[PDB]
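Report on the structure given below.
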Amino acid sequence: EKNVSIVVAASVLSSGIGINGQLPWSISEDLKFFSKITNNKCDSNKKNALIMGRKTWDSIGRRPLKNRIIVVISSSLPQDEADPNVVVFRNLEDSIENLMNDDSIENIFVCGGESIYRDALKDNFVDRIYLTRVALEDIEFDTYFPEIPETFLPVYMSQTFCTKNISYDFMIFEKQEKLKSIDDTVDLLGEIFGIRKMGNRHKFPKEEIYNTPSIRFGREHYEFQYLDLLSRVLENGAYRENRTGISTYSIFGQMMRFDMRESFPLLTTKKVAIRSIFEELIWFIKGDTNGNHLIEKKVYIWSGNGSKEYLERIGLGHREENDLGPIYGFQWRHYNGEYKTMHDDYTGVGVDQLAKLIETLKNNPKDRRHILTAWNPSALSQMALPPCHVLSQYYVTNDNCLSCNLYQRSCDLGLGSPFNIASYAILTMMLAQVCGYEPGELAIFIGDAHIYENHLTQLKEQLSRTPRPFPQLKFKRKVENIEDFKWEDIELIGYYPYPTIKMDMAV
Amino acid sequence: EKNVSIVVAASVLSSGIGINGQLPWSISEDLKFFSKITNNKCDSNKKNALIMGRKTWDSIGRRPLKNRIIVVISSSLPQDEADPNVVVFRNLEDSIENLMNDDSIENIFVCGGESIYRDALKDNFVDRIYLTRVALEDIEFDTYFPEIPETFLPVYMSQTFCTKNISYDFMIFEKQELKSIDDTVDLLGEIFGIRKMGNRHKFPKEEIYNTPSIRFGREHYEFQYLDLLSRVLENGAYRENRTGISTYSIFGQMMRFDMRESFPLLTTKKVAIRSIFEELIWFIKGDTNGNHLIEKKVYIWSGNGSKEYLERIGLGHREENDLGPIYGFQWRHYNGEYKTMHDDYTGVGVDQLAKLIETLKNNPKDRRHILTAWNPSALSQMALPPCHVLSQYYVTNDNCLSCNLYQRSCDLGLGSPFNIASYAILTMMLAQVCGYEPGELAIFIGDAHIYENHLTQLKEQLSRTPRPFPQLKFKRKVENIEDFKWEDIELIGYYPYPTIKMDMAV
Ligand SMILES: NC(=O)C1=CN([C@@H]2O[C@H](COP(=O)(O)OP(=O)(O)OC[C@H]3O[C@@H](n4cnc5c(N)ncnc54)[C@H](OP(=O)(O)O)[C@@H]3O)[C@@H](O)[C@H]2O)C=CC1
Ligand SMILES: NC(=O)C1=CN([C@@H]2O[C@H](COP(=O)(O)OP(=O)(O)OC[C@H]3O[C@@H](n4cnc5c(N)ncnc54)[C@H](OP(=O)(O)O)[C@@H]3O)[C@@H](O)[C@H]2O)C=CC1
Ligand SMILES: Nc1nc2[nH]cc(Cc3ccc(C(=O)Nc4cc(C(=O)O)ccc4CC(=O)O)cc3)c2c(=O)[nH]1
Ligand SMILES: Nc1nc2[nH]cc(Cc3ccc(C(=O)Nc4cc(C(=O)O)ccc4CC(=O)O)cc3)c2c(=O)[nH]1
Ligand SMILES: CN(Cc1cnc2nc(N)nc(N)c2n1)c1ccc(C(=O)N[C@@H](CCC(=O)O)C(=O)O)cc1
Ligand SMILES: CN(Cc1cnc2nc(N)nc(N)c2n1)c1ccc(C(=O)N[C@@H](CCC(=O)O)C(=O)O)cc1
Ligand SMILES: O=c1[nH]c(=O)n([C@H]2C[C@H](O)[C@@H](COP(=O)(O)O)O2)cc1F
Ligand SMILES: O=c1[nH]c(=O)n([C@H]2C[C@H](O)[C@@H](COP(=O)(O)O)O2)cc1F
């Protein structure tokens with residue numbers, strides 16, 4: 001008995017693997033993965049066997065692979081014994097003569113197109129699947145990878161990588177069949193001390209609220225940094241009241257990291273309105289607090305906090321309909337500026353923090369003070385809503401990459417959080433291009449991480465969806481000033497999300 | 001064959017376990033731990049055997065323990081067969097008749113004082129040690145727990161618990177004698193070099209990992225700081241800064257601390273707790289006069305407040321130690337027109353700390369309890385921009401006050417141990433004035449760095465296995481938060497390692 005694994009690279013939705021006798025793409029890093037995963041062995045005096053079909057054998061030029069024995073399944077190829085690195089069998093069952101015989105073969109790999117993939121799964125020969133999901137779906141396929149049967153469970157999902165603006169990840173599927181004393185001692189201490197033991201205040205989420213719970217040790221995909229935060233809130237969130245009529249389940253002190261070098265952290269478990277995120281971000285940068293400029297561009301996310309009824313409730317009945325007051329983008333461009341109304345001209349007033357940030361980022365990159373704040377206690381009472389994303393710090397690595405850290409005092413995990421993840425990712429990328437750097441990492445530190453109680457059935461639905469590789473975000477042109485970005489200048493490549501989920505905002 | 005474990009509660013330094021035929025302390029949670037750890041079994045038709053010496057058998061009243069069979073080692077006690085829950089053997093060697101025979105016993109526990117402990121380790125009978133370190137050392141002991149032999153390695157260290165202002169933790173010692181996922185991740189790390197984010201956050205090597213045998217049981221929250229040191233030494237990029245001393249820096253790190261059952265004061269190094277407090281009360285009082293700290297023998301702000309340093313950053317018009325509007329001037333007089341350190345600022349600016357205290361008790365579930373120090377209109381007037389920039393506070397449902405701090409730049413050698421204790425005390429002060437209890441402390445860090453002249457020092461600190469945190473209690477209740485004094489603070493059970501000298505980069 002030995003191991004039999006499948007190596008395959010299929011598209012993310014339709015699981016396409018080929019077209020016209022060749023691959024639908026050209027990803028060199030994926031081929032290197034095929035090389036290292038099929039050459040990985042222990043016994044130096046043994047080799048691995050790679051089973052493939054005839055049409056696949058033709059697609060690789062009918063030439064052997066170094067240090068590996070290729071097994072071709074064909075009904076016509078002559079069983080020539082001249083080449084010891086290439087052997088031909090008449091059927092897939094007989095080809096698996098390496099389990100009970102031929103001790104020179106250590107591991108077995110299946111990689112031979114739809115015919116061999118489907119027959120290897122139907123006849124129950126495969127123990128493990130190495131899947132490379134490619135984010136390409138509006139192209140033509142003629143051979144597909146069969147749907148993974150229910151007997152397999154995912155145990156690993158890598159981060160999203162990029163090659164020629166093509167997103168792809170790497171997954172491992174295992175076939176289900178059926179320290180030791182440290183966990184017991186911790187459980188006993190949790191019975192003695194109830195809430196006195198901090199571990200009992202941060203309980204690990206139950207399987208029923210854990211997204212794809214079979215992936216236990218391989219939660220590398222950074223969308224899990226958000227999905228696992230939802231699970232931790234559903235498990236430990238305290239039922240609390242707030243200024244709105246809608247209570248939340250809240251915990252305090254959480255973080256989540258995202259990579260921006262090889263992907264863009266736009267959630268795939270739900271179709272996120274990327275256009276509204278951008279139009280809000282450019283709305284901040286331009287220094288604008290007029291809420292009508294977003295409604296004029298069909299962006300209604302700031303309508304609730306800018307109605308005549310809401311403004312009179314918080315004591316701002318003297319303002320216009322959508323006069324949100326000095327908020328994000330007024331502390332960015334005119335910090336400590338005497339705010340009047342949304343119609344006045346504030347050019348030159350206040351401290352232009354964003355400009356000083358951009359100028360400092362290229363003139364002194366290793367400076368430890370690249371900070372953009374929005375918490376002005378002298379102007380909180382004039383704001384329609386105090387800042388949620390309060391403070392952000394920026395950092396230039398040695399390889400000329402721009403990372404970003406954000407502190408968020410209050411995080412609506414249902415609506416605001418997916419917006420804040422993408423918004424500050426775009427902002428860092430904008431700052432990276434204007435300063436001549438590359439995107440780095442994104443860390444978001446959260447204070448009051450909460451779920452509104454009317455989002456429970458929606459967020460539980462979102463947790464039932466296994467994530468997909470992140471898309472790519474590229475800029476079409478180089479701008480001279482950061483205020484010059486437009487929505488047409490943004491290209492979103494390879495975004496194949498799950499259907500959108502409607503959730504109401506608590507005003 | 002079955003398992004043989006030792007259960008013991010010894011003091012933190014001298015490993016004392018008894019005095020005059022009784023325990024040196026009275027910790028009820030420790031007895032429950034002994035109860036649950038000796039009753040833990042699988043087979044319902046089997047019992048666990050507790051081996052003890054005669055003097056220990058007398059100390060527990062010579063009465064049996066429920067659901068367990070007690071084995072007494074004595075040379076005089078009669079081998080009475082009347083009680084089946086109490087059996088007597090003449091020596092510890094003969095007593096181990098439960099391993100290869102007598103299948104009714106599942107697990108074996110040794111817990112019988114110094115005489116049995118020392119012979120159980122000398123004759124090499126013990127597979128595991130359950131140690132309860134108690135932070136009591138200036139009392140009298142007469143029986144000690146023998147030094148743990150080198151064949152045992154720690155595999156678990158719990159958080160610090162508190163009982164009657166007594167700190168104690170729980171450790172597990174073991175005697176040294178997925179599958180395909182780790183390989184696939186390594187291969188991806190060879191294909192993509194620094195393109196894979198995992199390679200930018202490499203796990204620290206064993207040579208720089210504090211107590212590396214504790215792999216799955218790093219519960220003690222001092223590891224939240226020691227492991228941050230390890231991550232910097234592994235991935236820190238050599239970078240220059242405004243000082244002449246370069247650092248190894250990483251970006252985006254955090255560490256949590258408990259304040260309910262302990263106080264996060266580092267034990268791997270004797271931290272100057274008095275200087276931390278006098279600086280914190282100096283902030284609360286709204287003071288920027290750097291002489292008031294030197295008058296109280298606190299020299300931490302001397303480097304950033306000298307005539308030479310102030311002229312260099314363009315503040316030569318200030319007095320010697322006039323640090324300018326810094327911490328405690330943005331707390332009490334935010335956006336206030338700063339003049340000098342001698343002027344009267346009563347009533348000017350926005351008093352954030354006062355508004356914070358009033359909001360914490362009048363509206364605890366409010367999500368806006370924020371105390372900021374980053375004022376871009378006054379950065380040029382400051383002798384040093386704020387490192388601990390923003391802090392947020394949170395009132396739990398059980399009336400506990402937690403704290404979140406964002407720190408833009410963190411000197412892990414000097415500033416970090418100060419910032420951990422400083423914001424812990426501040427949260428406790430806010431908790432008493434508002435009528436709550438201390439909760440949790442989370443510190444989010446931007447530029448977490450180590451100065452290159454701290455390398456041999458911090459590597460020395462990583463060689464020390466941590467000890468349970470001390471306790472911090474206030475002797476009296478104050479009416480206003482500014483009224484705290486150093487005499488009002490009682491530090492209980494602080495037994496740290498010797499201090500480590502490190503120079504500050506000006
Ligand atoms: N993305 C990826 O990971 C991979 C993609 N591909 C792509 O898939 C395409 C090729 O795959 P595909 O079209 O399905 O053809 P196959 O690679 O599956 O090969 C099929 C051939 O194998 C022989 N064969 C298959 N089944 C049997 C059987 N039950 N008994 C005897 N002989 C059998 C036959 O050869 P004969 O004519 O001699 O009878 C048959 O024509 C290409 O585009 C290729 O690039 C291929 C491998 C991997
Ligand atoms: N903190 C903790 O976890 C614990 C603390 N303790 C404390 O320790 C103290 C008691 O320990 P200690 O003073 O060392 O006494 P012991 O509990 O170790 O008991 C010793 C007695 O056991 C018998 N005995 C010991 N060794 C042998 C041997 N090799 N052969 C035959 N008989 C033997 C002898 O009794 P005999 O005279 O009959 O021959 C001896 O006097 C108490 O204060 C107790 O409270 C005890 C247990 C746990
Ligand atoms: N309580 C509270 N008050 C707040 N005031 C201001 C904000 C910011 C904000 C306000 C509204 C939204 C919003 O509707 N988003 C949205 C989310 C999803 C989804 O992600 O499922 C899908 C579609 C949309 C709308 C669209 O279609 O564009 C997002 C962000 C805010 C908040 O989030 N919560
Ligand atoms: N670069 C830089 N600039 C900064 N400006 C202001 C600070 C705050 C600060 C300034 C100085 C210290 C300091 O000397 N601490 C200290 C540490 C140990 C030890 O823990 O081994 C032992 C003794 C002491 C002194 C004592 O004896 O009290 C601590 C904190 C700061 C900084 O830390 N770094
Ligand atoms: C059967 N086949 C089609 C093909 C293409 N991409 C895939 N990608 C994946 N993830 N899995 C597969 N089974 C797979 N198969 C192959 C097999 C080997 C090579 C190949 O050229 N292998 C060289 C790769 C050289 C390299 O660039 O380092 C090797 O050393 O094995 C190409 C296509
Ligand atoms: C031998 N001995 C001394 C003693 C005291 N503290 C210790 N503490 C530790 N960590 N380990 C020991 N071996 C230990 N031994 C004992 C043993 C049992 C009880 C005892 O009363 N046990 C009850 C405890 C009841 C409880 O409070 O729940 C039980 O159910 O086991 C007291 C002292
Ligand atoms: O960017 C935002 N992110 C966010 O999470 N919220 C949510 C958090 C919370 O539900 C509400 C803020 O109300 P409060 O100040 O009371 O926490 O808005 C709002 C934003 F504008
Ligand atoms: O409370 C403090 N914590 C801290 O870590 N520093 C260190 C961080 C850094 O080593 C230096 C500030 O230099 P910079 O302004 O370049 O960050 O002070 C200073 C404090 F006052």
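Protein chains get the first letters and strands the later ones, always in sequence-line order, with residue 1 at the start of each. One-based numbering, in listed order, for ligands and for the atoms of each.
The name recorded for the drug at ligand 5 is methotrexate. Ranked by contacts, the chain bound most extensively to methotrexate (ligand 5) is, in the PDB entry, Bifunctional dihydrofolate reductase-thymidylate synthase. Other chains with one or more heavy atoms under 4.0 Å from any atom of methotrexate (ligand 5): A.
By the deposit information, the source of chain A is Cryptosporidium hominis. Using a 4.0 Å heavy-atom cut-off, the binding site of methotrexate (ligand 5) is formed by A:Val7, A:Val8, A:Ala9, A:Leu23, A:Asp30, A:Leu31, A:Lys32, A:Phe34, A:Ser35, A:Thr56, A:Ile60, A:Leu65, A:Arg68, A:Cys111, A:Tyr117, A:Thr132.
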